Amino acid sequence: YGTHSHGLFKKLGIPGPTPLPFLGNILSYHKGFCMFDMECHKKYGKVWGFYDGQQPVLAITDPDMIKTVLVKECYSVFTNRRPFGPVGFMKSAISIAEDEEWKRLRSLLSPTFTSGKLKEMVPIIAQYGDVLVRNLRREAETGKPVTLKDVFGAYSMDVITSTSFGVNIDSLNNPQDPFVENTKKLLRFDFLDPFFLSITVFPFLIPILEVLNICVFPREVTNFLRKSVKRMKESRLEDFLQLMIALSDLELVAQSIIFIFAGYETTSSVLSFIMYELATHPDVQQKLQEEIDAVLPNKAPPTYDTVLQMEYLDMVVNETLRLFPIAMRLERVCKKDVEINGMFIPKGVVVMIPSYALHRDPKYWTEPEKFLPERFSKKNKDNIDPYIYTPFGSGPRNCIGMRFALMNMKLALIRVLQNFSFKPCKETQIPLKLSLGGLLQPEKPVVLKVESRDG
Ligand code: HEM
Ligand SMILES: CC(C)(C(=O)c1cccnc1)c1cccnc1
């Protein structure tokens, strides 16, 4: 048949686009995720409904409901995310753990992310602020446009190794065949490439793949890491890794893989967006570059706290994310039958939350296409609704590495700005771009001219 749930958002009354027999609505994804989420916002109003193959997906918007699913019933009903491809042992990674397994793993690794262990960690990261700048000499010193994610990938990689395991290398070009090479390969998934597009229409295909040990995390890489943490529990007997020292032994390898997975590519992608918004906005760059020099007496190493008080930095961050919430949705699975401010939702239904849309809904933002931080200064800062600006989600299952991500990103900008300036040039294609893949990302990679500030 192929149309199981296709008559749920007529009969229950929710509006929406109308499915084809086996595909449902996936053909809308040629725009990518965002655009379909917008277009439907305009169209079917404040709540709507659609089918990813025959998985029925319900969008929401009113913050009151958002909160009731994202914070409130959160343990009761609405705890797991949607399952995806064959996951194998990464089944026990915290982002993919469900229900009580998740509750266990959460409050356990929470301690690992407490500020404290973070300020304990900043010195390590600072270290790769210098390394990043030294090797950005030889991109400027060679006066040729500069591909940013190439330089920020190595920075993430460098910070990802050290914080996660201890291994302290300058992958940043240079020693680029140790260990860099597995991590280099842990790339975020494109849920619009033909593999997952298949699996969505063919959910029954997943258990099949399960058996053939086919797994969505490249086994080459998982094997390697699984034996690297082997090597180390041992060696050390005579850092997130050590930090984790019931929590299972071979569960630890799942988390630390996931910590790399989430951290590596998102950090370098956001970072290079920021440096896109400080070209053709040298006016923001200035307020910041100056803001910096004032907190950091002409070149001075950033500290944990020098960071937290730089809240024009903190402003450029938040607005950059406003535009580019890398997880263009938060998405939660309805445990069971439940009603949420008069709207009722049946078991097995995906409750979705169009973050990137919301983050441009002319209702909570104005001239909402504009890069302009002053939304995030006090006087604008705290009028806008927490369940609308959700770039790390909200409620128990938010980004457990939020502060860390933010710490580490700022930490990088400071050392960068406080030495350099970033202006357009050839290929710095000024419109903006934006992939029609299922990853939120440029399309053409952002490349800039980088002129040294006296050096
Ligand atoms: C670039 C900055 C980052 C962004 C925007 C981001 C975004 C997110 C979002 C939106 C979620 C889901 C939130 C929700 O369901 O409400 C999430 C979950 C998660 N993030 Fe991040 N993340 C970032 C950096 C990091 C890094 C550095 C780590 C390293 C530990 C990390 C680890 C995780 C984990 C483990 C989860 C799932 C935890 C759970 O589901 O209980 N993230 N992230
Ligand atoms: C993939 C992962 C782990 C994640 O849990 C996630 C990402 C987007 C939406 N929902 C969940 C993630 C990805 C990027 C940053 N943090 C976490």
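In order, the residues displayed for chain A correspond to 25-262, 270-276, 289-498 in the PDB entry numbering, which applies throughout. Only heavy atoms go into these numbers, but all of them, side chains included; no hydrogens, no water, no symmetry mates. Counting starts at 1 for both ligands and their atoms, following the listed order.
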**Q** Which drug or candidate compound lies at ligand 2?
**A** metyrapone
**Q** Which macromolecule here is the main partner of metyrapone (ligand 2) by heavy-atom contacts, as listed in UniProt?
**A** Cytochrome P450 3A4
**Q** Binding site of metyrapone (ligand 2): which residues fall under 4.0 Å, heavy atoms only?
**A** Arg105, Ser119, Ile301, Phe304, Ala305, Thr309, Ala370, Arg372
**Q** Name the organism the PDB gives as the source of chain A.
**A** Homo sapiens
